[PDB]
Asker: 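Structure with 1-deoxynojirimycin, see below.
Residues take their numbers from the sequence shown, with the count starting at 1. As the structure lists them, so they are numbered: ligands from 1, and atoms in each ligand from 1.
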Amino acid sequence: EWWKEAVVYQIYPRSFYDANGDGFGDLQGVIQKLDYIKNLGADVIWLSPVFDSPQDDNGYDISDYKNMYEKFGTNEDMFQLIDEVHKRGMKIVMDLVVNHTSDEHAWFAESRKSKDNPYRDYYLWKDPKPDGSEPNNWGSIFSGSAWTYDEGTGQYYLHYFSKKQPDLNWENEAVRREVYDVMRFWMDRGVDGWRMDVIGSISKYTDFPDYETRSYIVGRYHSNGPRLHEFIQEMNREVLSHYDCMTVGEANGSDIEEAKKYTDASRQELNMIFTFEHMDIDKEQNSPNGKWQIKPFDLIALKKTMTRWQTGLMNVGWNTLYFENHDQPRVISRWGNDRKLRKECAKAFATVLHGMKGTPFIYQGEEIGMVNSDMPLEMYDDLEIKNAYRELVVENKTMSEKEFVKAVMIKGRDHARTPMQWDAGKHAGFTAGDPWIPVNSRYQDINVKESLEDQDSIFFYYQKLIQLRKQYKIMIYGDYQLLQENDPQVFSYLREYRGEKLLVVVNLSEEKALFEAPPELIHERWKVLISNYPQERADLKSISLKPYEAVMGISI
Ligand SMILES: OC[C@H]1NC[C@H](O)[C@@H](O)[C@@H]1O
């Protein structure tokens, strides 16, 4: 169970480091930056997908599971990376993307040819309605219908994501066997585990029932299908049980009850899952604009949600801890201050997360406080934006252009995908060429070089949080109790382990706040383990908190 004690660094490789100068981050670039990641202190790297792919969804549309996309390199580069990771005592986790393939995968190129093609049932084909329309009213996560018509065979195929991402038919045992072969191919070559892309979607309701009623709907049927956990238990039996591996499922649609199904060790499924419930607190529940209908940051909602996951998986299963990935904006821009208080704010969110029970995930650039971009809408790359613009602004007019732009400036996935900022030179030192997407305009002030030269950097704060997790067993194995539950500024909680107490107090606001210890804790003596402000005190019975002040103390 080394995965319980791990800290994971997530790499989005096309934006991490470009070794050959074409503006596209590559595998040799990752290799050159492994020493940086090890010095930070992560011991597991999760690579977003580098498999061959036409890049309709930047690698999450896979056309060959057993070869690299040309701009990342060759399998020989991938094998070298695996060796270089292991040489440094680290582990490498790959992205398993098996809810769907590219429509340019050989399986689909065969499948679509005819209803009697041997690969026809590798995907999900349905007749039109009598009037020619789609089999049902299901929507794609990237706007529009979940179905696309094939003129040649007169049937629609299903895609929860883009039209170039047809969903695999997991009802077909041959499909499941192909997936397990891919897993064994890579695990036999040293891959230490898998992050499983939208694993909550692999089981469908084969009736494809309409949602109740907007033309296209995404809801309860898009995840948690009737055979989901049967399939994952099979995957464990056939593959995962045969390897010393780590698994994290990207569990779309997960609540805390579903998380127990996924992560209870006695169920022999996965080690941990990503949920979206803490990421969902700033969208309206059921707007036609989905994620783009933004609500202000609500700390009470964050506290209640994260607390439900800490208590729900306190003594069974295991949590993941994240605020950032390649699908989320920079958290300090989204929910905090990314200007005069950027360093304090970045360290505050880091303290909230890393003081909890679970496996922390650091997204590339989070550890230096990277921020959202001011680039104009036409410089965004993500197909999600182009498609939502068409549906929400042009066709349905449920958002004005101005409000859509404002929402994309807060939540667009490309705020995670601008190049990693290594120094204040050209293109922040990401590339000698022309980057595939613009470098954030603030890179001269925010970059790895200045971070390593500044003892007060966010980077060294993250490095210390990781050191503390390795030093203080209470951080890995202590229980969890929310304090000051209804305080709208202060996120405070207590971990307990073998008579020790860990107190975490974080002001997640720009204004002065007040922490008062619960009365039974007022006479404890504390050693401050970390704070984003200087501390010289052993009593924490009341703390007058400055903007974004974070304190972590251990009882003595
Ligand atoms: O594969 C579809 C979808 N799954 C979730 C991934 O994190 C996201 O980047 C991708 O677009």
Asker: In this PDB structure, which macromolecule forms the chief contact with 1-deoxynojirimycin (ligand 1), named as in UniProt?
Answerer: Oligo-1,6-glucosidase 1
Asker: Provide the residues lining 1-deoxynojirimycin (ligand 1) within 4.0 Å, heavy atoms only.
Answerer: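 Heavy atoms within 4.0 Å: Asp57, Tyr60, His100, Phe142, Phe161, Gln165, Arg195, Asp197, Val198, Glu250, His326, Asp327, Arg413, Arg417.
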Asker: Which of the atoms in 1-deoxynojirimycin (ligand 1), numbered in the order shown and given with their element, are less than 4.0 Å from a heavy-atom of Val198?
Answerer: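 Close to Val198: 4 (N), 5 (C).
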Asker: Distance under 4.0 Å to a non-hydrogen atom of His326: what atoms of 1-deoxynojirimycin (ligand 1) satisfy this?
Answerer: 6 (C), 7 (O), 8 (C), 9 (O)
Asker: State the atoms of 1-deoxynojirimycin (ligand 1), each with its element, that fall below the 4.0 Å cut-off from a heavy-atom position in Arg195.
Answerer: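 The atoms of 1-deoxynojirimycin (ligand 1) under 4.0 Å from a heavy atom of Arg195 are 6 (C), 7 (O).
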Asker: Tell me, which protein residue and heavy-atom name are nearest atom 11 (O) of 1-deoxynojirimycin (ligand 1), and how many Å apart are they?
Answerer: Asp57 OD2, 2.6 Å
Asker: Can I get the nearest UniProt active-site residue of chain A to 1-deoxynojirimycin (ligand 1) along with its heavy-atom distance to 1 Å?
Answerer: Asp197, 3 Å
Asker: Tell me the protein heavy atom at minimum distance from atom 5 (C) of 1-deoxynojirimycin (ligand 1), and give that distance in Å.
Answerer: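 Heavy-atom neighbour on the protein nearest atom 5 (C) of 1-deoxynojirimycin (ligand 1): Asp197 OD1, 2.9 Å.
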Asker: Which atoms of 1-deoxynojirimycin (ligand 1) sit under 4.0 Å from any heavy atom of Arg413?
Answerer: 8 (C), 9 (O), 10 (C), 11 (O)
Asker: For 1-deoxynojirimycin (ligand 1), which atoms sit closer than 4.0 Å to a heavy atom of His100?
Answerer: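 It comes down to these atoms of 1-deoxynojirimycin (ligand 1): 1 (O), 2 (C).
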Asker: What protein heavy atom sits nearest atom 7 (O) of 1-deoxynojirimycin (ligand 1), and how far away is it?
Answerer: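 Of the protein heavy atoms, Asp327 OD2, 2.5 Å lies nearest.
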Asker: Closer than 4.0 Å to some heavy atom of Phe142 - which atoms of 1-deoxynojirimycin (ligand 1) meet that?
Answerer: 11 (O)
Asker: Quick one: table the atom pairs, 1-deoxynojirimycin (ligand 1) N or O against protein N or O, below 3.5 Å, distance rounded to 0.1 Å.
Answerer:
unit_1                        : atom_1 : unit_2 : atom_2 : d
1-deoxynojirimycin (ligand 1) : 1 (O)  : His100 : NE2    : 3.0
1-deoxynojirimycin (ligand 1) : 1 (O)  : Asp197 : OD2    : 2.7
1-deoxynojirimycin (ligand 1) : 4 (N)  : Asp197 : OD1    : 2.7
1-deoxynojirimycin (ligand 1) : 4 (N)  : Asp197 : OD2    : 3.4
1-deoxynojirimycin (ligand 1) : 7 (O)  : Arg195 : NH2    : 2.9
1-deoxynojirimycin (ligand 1) : 7 (O)  : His326 : NE2    : 2.9
1-deoxynojirimycin (ligand 1) : 7 (O)  : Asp327 : OD2    : 2.5
1-deoxynojirimycin (ligand 1) : 9 (O)  : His326 : NE2    : 3.0
1-deoxynojirimycin (ligand 1) : 9 (O)  : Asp327 : OD1    : 2.8
1-deoxynojirimycin (ligand 1) : 9 (O)  : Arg413 : NH1    : 3.3
1-deoxynojirimycin (ligand 1) : 11 (O) : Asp57  : OD1    : 3.3
1-deoxynojirimycin (ligand 1) : 11 (O) : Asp57  : OD2    : 2.6
1-deoxynojirimycin (ligand 1) : 11 (O) : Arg413 : NH1    : 3.0

